[PDB]
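The following structure holds zopolrestat.
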Amino acid sequence: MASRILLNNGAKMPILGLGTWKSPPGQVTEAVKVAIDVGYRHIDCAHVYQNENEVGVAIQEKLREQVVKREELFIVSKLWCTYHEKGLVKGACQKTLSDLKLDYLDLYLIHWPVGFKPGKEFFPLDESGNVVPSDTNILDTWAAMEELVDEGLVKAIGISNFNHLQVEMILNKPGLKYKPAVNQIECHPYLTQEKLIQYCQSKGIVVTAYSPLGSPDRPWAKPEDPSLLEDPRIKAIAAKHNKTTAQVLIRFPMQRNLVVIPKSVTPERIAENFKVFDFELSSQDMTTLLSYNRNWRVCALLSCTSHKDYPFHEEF
Ligand SMILES: NC(=O)c1ccc[n+]([C@@H]2O[C@H](COP(=O)([O-])OP(=O)(O)OC[C@H]3O[C@@H](n4cnc5c(N)ncnc54)[C@H](OP(=O)(O)O)[C@@H]3O)[C@@H](O)[C@H]2O)c1
Ligand SMILES: O=C(O)Cc1nn(Cc2nc3cc(C(F)(F)F)ccc3s2)c(=O)c2ccccc12
């Protein structure tokens, strides 16, 4: 298992990164410090996570301590939905860079294919609970992303939560300057994404799997919901390898030639989650895990389902 994958810009992206959604600012600095100490070189960030300053503190300290060099780190962030207007994109990227204390990102993603009304709120709702869209479109937002590459703010650009038709829209743009390098999508044994992965990989786009542990800390979880980490079938596969269920869930996407970004703020778990380069899932294991697909999505906000660019009405 090679630890990095080649992107379309010639850069290599570590296949294991640290997720930071729901990592509170009072804990995320320590999490990132520990992650860097134990070998993580990829950090997945976003403005909407409200913790980029604290991620930035940790990176800066480890650079200053001579633990890592900037060129060895792969820092990803994402353009939030309220900044899709062409005139807002650069400032959103620069705010992220300032918070992270960086002079470039390795990868910058369109976080979701939908634009929301610009303003202070991340989730502007009307009086009846519907998200308030903006009149922006995917291609104009992509053009603004391309400018960030041209100006040296970001080394690569990509997309997240795009369906295959939305990806195709960008690929087919007349006068396209940069192809998306990455599509970051939810992916785990209950949402295996076979068709979208096949699509993306056939078009030379690297897929990153988010919520690989099933995001048990997601704020809308219901007790009746399926739980990957507690699935006794996955426990049994883990036991056979003398690994944890999380380690199995992280290794699974790696063997599908995906990048994977498990989140933790717990130091023991951050270290555990990295110890996935010392075993292999068998062909039967892989087949069995894929068989658990239920098309069950843990990230898809009800209030957004009437947006014109809502991604999940399409089959894939
Ligand atoms: N692009 C997007 O739209 C998008 C959407 C969702 C997620 N993401 C990215 O993907 C990352 C990962 O997804 P996620 O945060 O939704 O969830 P996840 O990584 O599937 O699960 C994180 C949860 O699992 C727990 N956990 C971690 N390691 C564990 C272990 N070894 N044993 C038991 N429990 C463990 C964590 O607890 P503790 O932290 O308390 O240890 C946390 O509650 C995010 O943080 C974000 O960076 C991107
Ligand atoms: O965003 C993250 O990284 C994690 C994430 N996910 N979700 C669920 C979402 N579902 C969406 C669906 C659309 C849609 F495109 F479908 F309209 C657009 C935007 C969203 S946010 C959230 O509600 C959220 C809130 C704060 C911080 C991060 C998140």
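By convention here, the first residue in the shown sequence is residue 1. Only this structure's heavy atoms are used, side chains among them; waters, hydrogens and symmetry mates stay out. Counting convention: from 1, in listed order, for ligands and their atoms alike.
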*Provide the full list of ligands or chains for zopolrestat.*
ligand 2
*What is the name in the PDB entry of the chain with the largest share of contacts to zopolrestat (ligand 2)?*
Aldose Reductase
*How is the binding site of zopolrestat (ligand 2) composed, by chain and residue number, at heavy atoms under 4.0 Å?*
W21, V48, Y49, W80, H111, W112, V114, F116, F123, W220, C299, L301, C304, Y310, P311
*So which protein heavy atom does atom 8 (C) of zopolrestat (ligand 2) come closest to, and at what separation?*
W220 CH2, 3.4 Å
*Short N/O distance, under 3.5 Å, between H111 and zopolrestat (ligand 2)?*
yes
*asked:* I want to know if zopolrestat (ligand 2) touches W112 in the polar sense, i.e. an N/O pair below 3.5 angstrom.
replied: yes
*Give the residue and atom name of whichever protein heavy atom lies nearest to atom 24 (C) of zopolrestat (ligand 2), and the separation in Å to one decimal.*
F123 CZ, 3.9 Å
*Looking only at protein heavy atoms, which one is nearest to atom 28 (C) of zopolrestat (ligand 2), and how far off is it?*
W21 NE1, 3.1 Å
*Please list every residue in chain A that UniProt marks as binding substrate and that has a heavy atom under 4.0 Å from zopolrestat (ligand 2).*
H111
_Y310-zopolrestat (ligand 2) polar pair, N/O distance under 3.5 Å_ = no
_Mind figuring out which UniProt-annotated active-site residue of chain A lies closest to zopolrestat (ligand 2)? I'd like the heavy-atom distance, to 1 Å._
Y49, 3 Å
*With zopolrestat (ligand 2) as the reference, which other ligands or ions fall inside a cut-off of 4.0 Å?*
ligand 1 (NADP nicotinamide-adenine-dinucleotide phosphate)
